[PDB]
Colleague: 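Can you keep this structure in mind? I'll have questions shortly.
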Amino acid sequence: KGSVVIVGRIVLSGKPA
Amino acid sequence: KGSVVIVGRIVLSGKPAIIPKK
Amino acid sequence: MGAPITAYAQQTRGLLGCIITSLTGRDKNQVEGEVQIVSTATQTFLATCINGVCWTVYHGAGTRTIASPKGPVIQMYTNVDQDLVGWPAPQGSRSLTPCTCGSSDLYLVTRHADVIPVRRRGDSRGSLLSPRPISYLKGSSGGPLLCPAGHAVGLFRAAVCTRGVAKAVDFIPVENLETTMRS
Amino acid sequence: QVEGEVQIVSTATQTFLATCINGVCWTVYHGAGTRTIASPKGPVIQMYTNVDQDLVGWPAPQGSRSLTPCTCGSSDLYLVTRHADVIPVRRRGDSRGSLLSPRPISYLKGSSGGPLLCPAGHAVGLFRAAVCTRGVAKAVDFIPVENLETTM
Ligand SMILES: *[C@](O)(C(N)=O)[C@H](CC1CCC1)NC(=O)[C@@H]1[C@@H]2[C@H](CN1C(=O)[C@@H](NC(=O)NC(C)(C)C)C(C)(C)C)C2(C)C
Ligand SMILES: [Zn+2]
Ligand SMILES: [Zn+2]
């Protein structure tokens, strides 16, 4: 048991901004 | 009269995408 | 577009640049998207581009011209009764297509870019599967009601509310768009 | 300055997905366990853990936006993979759905915890596990949003 790290993200709308 | 002006947009054509790590 | 229906909003002009552009009628900003967030000095609403024309509610646009890179653009169609107006879709916008499938389940795209489901209850009505406060629906007049396929069924026109909570929405079916063009 | 609803998370042994729905960042217990989630202020613990329903959840991280639960009961679902691929799925039951076009199991690998969207892009469920015959994933198991809403 350690730590869950976020290695990335997904934007469902495809928003570039 | 005053013109209707575009102050923004709503895009429906976008598809899921991994947000670029920049 | 396609399914699932996802949408996002992007503001492109502030209150002061907006006022100047309203007067000058010359807007040099780049256009993208099928639904444009639009405003007059009195109010802000939406305008949807269906088949190369940028449609919106007459009760919002009146007979105003739309600010474009070439100065004000006169309306192509105006129909006080259908409560519609249309200008040539701006350069850079993408257009939707009328719903060729008579789907009973519609999806309303709000000004805040939220796609909320509405159940058709007639040619121009649909129950808001999840009642929202009127305030939330404000600014979405002229927005599109999409079928599951991403096609225009109608344009949000008015809310059917009570106690400040809308449980249904009155809309202008794409049918009136064609009849408004024939007129 | 875009915000993501789906975070591509990973532990030391594996990688999978998490989905923010109603302020909570959900994912599968068989991926995270009781593991705490990283934060620039240090490890932040799970608000929810439910080995039974295979559900765990921490408060939504930064750079995330919450998904809205489905409210139309549509059966035409869409699965989003860790590669942002959308896979059309037909709901075969409370927690079961049939891919409209089976894909090699590898294609769905690492997408557990991801969202199963309805035609309006709303959360229908959370991808729990692929159900495959031989090397091809034909269907998928998923945690309905109600379980999540229930857990809250
Ligand atoms: C849009 O024009 C806008 N500004 O976004 C606006 C959206 C509504 C949703 C909350 C604000 N539409 C209207 O204001 C619309 C235009 C007036 C009256 N309208 C209404 O929506 C009213 N409801 C209504 O008339 N309902 C019916 C037609 C009786 C079913 C409100 C009381 C909600 C403002 C007109 C011309 C119909
Ligand atoms: Zn259709
Ligand atoms: Zn739904």
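Proteins get letters first, then strands, A, B, ... in listed order; numbering begins at 1 in each. First listed ligand is number 1; within each ligand, the first listed atom is number 1. Computed over heavy atoms, backbone and side chain alike; hydrogens, waters and symmetry mates excluded.
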Colleague: Tell me the name of the drug molecule at ligand 1.
Modeller: boceprevir (bound form)
Colleague: For boceprevir (bound form) in this structure, which bound macromolecule has the most atom pairs within 4.5 Å, going by the PDB entry?
Modeller: Hepatitis C virus
Colleague: Give the letters of all other chains that come under 4.0 Å from boceprevir (bound form) at a heavy atom.
Modeller: C
Colleague: What organism is named as the source of chain C in the metadata of the entry?
Modeller: Hepatitis C virus
